[PDB]
Visitor: 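Here it is, the structure in full.
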Amino acid sequence: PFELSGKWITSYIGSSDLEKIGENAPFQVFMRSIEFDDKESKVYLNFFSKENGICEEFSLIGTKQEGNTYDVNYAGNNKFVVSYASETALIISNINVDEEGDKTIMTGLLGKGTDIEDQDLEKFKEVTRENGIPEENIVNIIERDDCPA
Ligand SMILES: O=C(OCc1ccccc1)c1ccccc1
């Protein structure tokens, strides 16, 4: 089988709205771990983001919802699915509705730490594309993640 829980670090993120992912933006997210607790219908997320250019750490809890889905409060309301899982990667698709009501679709490629497999990367690009997110709306997060391990 397939272990979904553990260390996951963000390699790349794509977004329908570039305001949500540049420097210091709420969805420029540097993942550190995700733990799925299906017994209690919960997911545990630990990650860094930057504000004011300095690392801040978050540990959040989402709730398992209908189908394959999870709801979590962060910079508005979020519904995400693990669209793809391999031994080496997860691709997450997330819809965020922010505090103004604006809706953003994002995708995120995660791995076990820095050395990306091209096969996982190609699947990320296809999922991103399928969600209507253009290639130039992809940020390389590996390059930007200087937060603590
Ligand atoms: O890496 C991500 O963590 C998921 C996540 C989802 C919601 C809140 C926190 C973390 C990610 C990437 C792109 C889009 C959405 C999420």
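Per the PDB entry, chain A residues shown: 9-157, in order. Just the heavy atoms: all of them, side chains too, but no hydrogens, waters or symmetry mates, feed the values below. Whatever order the structure lists them in is the order used to number ligands and atoms, beginning at 1.
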Visitor: How do PDB records name the drug found at ligand 1?
Guide: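 That drug is benzyl benzoate.
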Visitor: Identify the main binding partner of benzyl benzoate (ligand 1) here and report its name as listed in UniProt.
Guide: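 Per UniProt, the chief partner is Odorant-binding protein.
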Visitor: Show which residues surround benzyl benzoate (ligand 1) within 4.0 Å on heavy-atom distance.
Guide: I21, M39, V80, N86, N102, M114, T115, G116, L118
Visitor: Quick test: of every protein heavy atom, which one is nearest to atom 12 (C) of benzyl benzoate (ligand 1), and how far off is it to 0.1 Å?
Guide: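 Going by distance alone, atom 12 (C) of benzyl benzoate (ligand 1) is nearest to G116 CA, 3.6 Å.
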Visitor: Among all the protein's non-hydrogen atoms, which is closest to atom 14 (C) of benzyl benzoate (ligand 1), and how far away is it?
Guide: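 Result for atom 14 (C) of benzyl benzoate (ligand 1): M114 CB, 3.0 Å.
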Visitor: Report the nearest protein non-hydrogen atom to atom 11 (C) of benzyl benzoate (ligand 1): residue, atom name, distance rounded to 0.1 Å.
Guide: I100 CG2, 4.5 Å
Visitor: Could you tell me the residue and atom name of the protein heavy atom closest to atom 2 (C) of benzyl benzoate (ligand 1), and the distance to it rounded to 0.1 Å?
Guide: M39 CE, 3.9 Å
Visitor: Less than 4.0 Å from atom 5 (C) of benzyl benzoate (ligand 1), is there any heavy atom belonging to the protein?
Guide: no
Visitor: Looking only at protein heavy atoms, which one is nearest to atom 15 (C) of benzyl benzoate (ligand 1), and what is the separation?
Guide: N102 CB, 3.1 Å
Visitor: Among all the protein's non-hydrogen atoms, which is closest to atom 8 (C) of benzyl benzoate (ligand 1), and how far away is it?
Guide: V80 CG1, 3.8 Å
Visitor: Tell me which protein heavy atom sits closest to atom 9 (C) of benzyl benzoate (ligand 1), plus the residue, atom name and distance to 0.1 Å.
Guide: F55 CE2, 4.0 Å
Visitor: Within a distance under 4.0 Å of any heavy atom of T115, pick out the atoms of benzyl benzoate (ligand 1) and give their elements.
Guide: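 With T115 as reference, the close atoms of benzyl benzoate (ligand 1) come out as 13 (C).
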Visitor: Please identify which atoms of benzyl benzoate (ligand 1) are closer than 4.0 Å to at least one heavy atom of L118.
Guide: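 Result: 1 (O).
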